[PDB]
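Here, durvalumab is shown bound to Programmed cell death 1 ligand 1.
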Amino acid sequence: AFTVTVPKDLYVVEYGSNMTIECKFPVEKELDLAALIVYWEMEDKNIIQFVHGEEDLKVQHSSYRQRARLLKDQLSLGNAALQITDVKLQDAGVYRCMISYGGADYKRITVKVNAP
Amino acid sequence: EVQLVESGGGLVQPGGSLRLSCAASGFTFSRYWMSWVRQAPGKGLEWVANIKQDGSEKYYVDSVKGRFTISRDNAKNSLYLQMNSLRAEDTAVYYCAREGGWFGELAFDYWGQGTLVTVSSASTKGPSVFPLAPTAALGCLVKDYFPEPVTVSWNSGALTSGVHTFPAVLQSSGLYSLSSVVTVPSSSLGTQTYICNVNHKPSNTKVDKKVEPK
Amino acid sequence: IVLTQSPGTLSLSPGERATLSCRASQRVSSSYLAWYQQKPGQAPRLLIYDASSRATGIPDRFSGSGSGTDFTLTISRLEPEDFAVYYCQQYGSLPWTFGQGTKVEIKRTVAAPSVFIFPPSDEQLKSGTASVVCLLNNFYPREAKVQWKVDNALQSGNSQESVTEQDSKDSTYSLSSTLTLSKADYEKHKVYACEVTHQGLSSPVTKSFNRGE
């Protein structure tokens, strides 16, 4: 019954642009942050580890310093959105979205990057 | 040379517990998601449990959630399934599988050979071996043993062609039964020796029955 | 997510092309659909992942296609080694699920079974039970019928049957049927008969024996 979903399971983006990939999860009325965990991963790197209302930057891979953000206001709407700025060719590959809010689930997303 | 080897299976009575283990080789074990998949005798494949590289996340099928616990040790190159509160429908061959790629996007890359878990009230018991006496057909009736498996050969492996060792059937009693047959020339009756070799490892018994015409 | 494989069995000759279907009750995320091959007594081997990519070392007569909820596995120009049970599996969405399998069986010329009947050994009778066995040897196709008659009375609920896997050389099947009785019930009757029908028989084969003779 608790299910993480993906509007798009595939993204195709231009080199150098911005991108926001989305994982959705069910929220009824108001969202309690204490109960909520969000992970975004890419390959063996950690992009986002959101626990206790806070992103944990000491666990974050340094490749992603300055360019990666979980969009906080989108969370109330049951949408774990990951904004990555200045997209490079190395950003291409399979991403993972884990969300725990009572129950827990995860999904994968593929990002493809065209060069010019 | 990816390798996977399961251990720890056997017989256990209902409500009891058992711990399966899986050893890995030929790849960096700490880099991969790992699964358990099971298969009941004659049925198809059913996924059971999942674990992340660091053991930080674990997922289960409904049927085992609350009863089975998956865990792993990256240092030992080993995967574990602690099974508790076991029912008869948990009877199956249990396989370990590597989920390939970073997050499992290469599906089940590689499998172990599996280990049989048998859940039943019956006690281990060696087979009775009865002659099926006689182109002629002869054989051995291997009856009332528990649990699986049993090993059948003829003339110590020196007789192979025309040999049919049937899959065992679970009898009404809950004990296993099977027969092994072989077709031979009628002329070979009397001049040729035919010995049925039965080996049931669980009950640690070995039997050699000579089958003759009556 | 429920996967319905189709059909149940394929009967084909080497060199023919095989088409296997997998339908899903939901869209399979990113098309994460695997196919697997299983031979009797062995663990599964991965064939196709991401619906269309061959696993490593898998020969190119194995080809995957489809998307969304409808997936196909094609084996063109089958080799003898390709006859097995095939499974599809979805890994796009938890819980991972498998379809019920498809068996691809070698279709050969029709072959009639040799039929034998075996009386209970004297050694067995001291156990209180009597087992009567009926062997059906080397037939094709797999579908074979066995009726049991004690003194020309039909039997129900006291028989069990077992079938071999398709033969390595022959491509045939064999069958055993075991009729179990009390020693007391057994010694009350005279004629034990095993009656067999099969596509390869133009008349029924009955093997019998008389108790004591």
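Going down the sequence lines, the chains are called A, B, C, and so on. Quick note: numbers on chain A are straight from the PDB entry, i.e. 18-133, in order. The residue numbers of chain B are those assigned by the PDB entry, with the residues present covering 1-134, 143-222 sequentially. Numbering of chain C is taken from the PDB entry, so the residues present carry the numbers 2-214, in order.
The parts of the structure that belong to durvalumab are chains B and C.
The heavy-atom epitope of durvalumab on chain A, at a cut-off of 4.5 Å, is A:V23, A:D26, A:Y56, A:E58, A:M59, A:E60, A:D61, A:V111, A:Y112, A:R113, A:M115, A:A121, A:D122, A:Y123, A:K124, A:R125, A:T127. If contacts are heavy atoms closer than 4.5 Å, the paratope of durvalumab for chain A is B:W33, B:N50, B:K52, B:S56, B:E57, B:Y59, B:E99, B:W102, B:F103, B:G104, B:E105, C:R28, C:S30, C:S31, C:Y33, C:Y92, C:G93, C:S94, C:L95, C:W97.
The entry gives the source of chain A as Homo sapiens.
Most residues of chain A that touch durvalumab lie in the UniProt domain Ig-like V-type.
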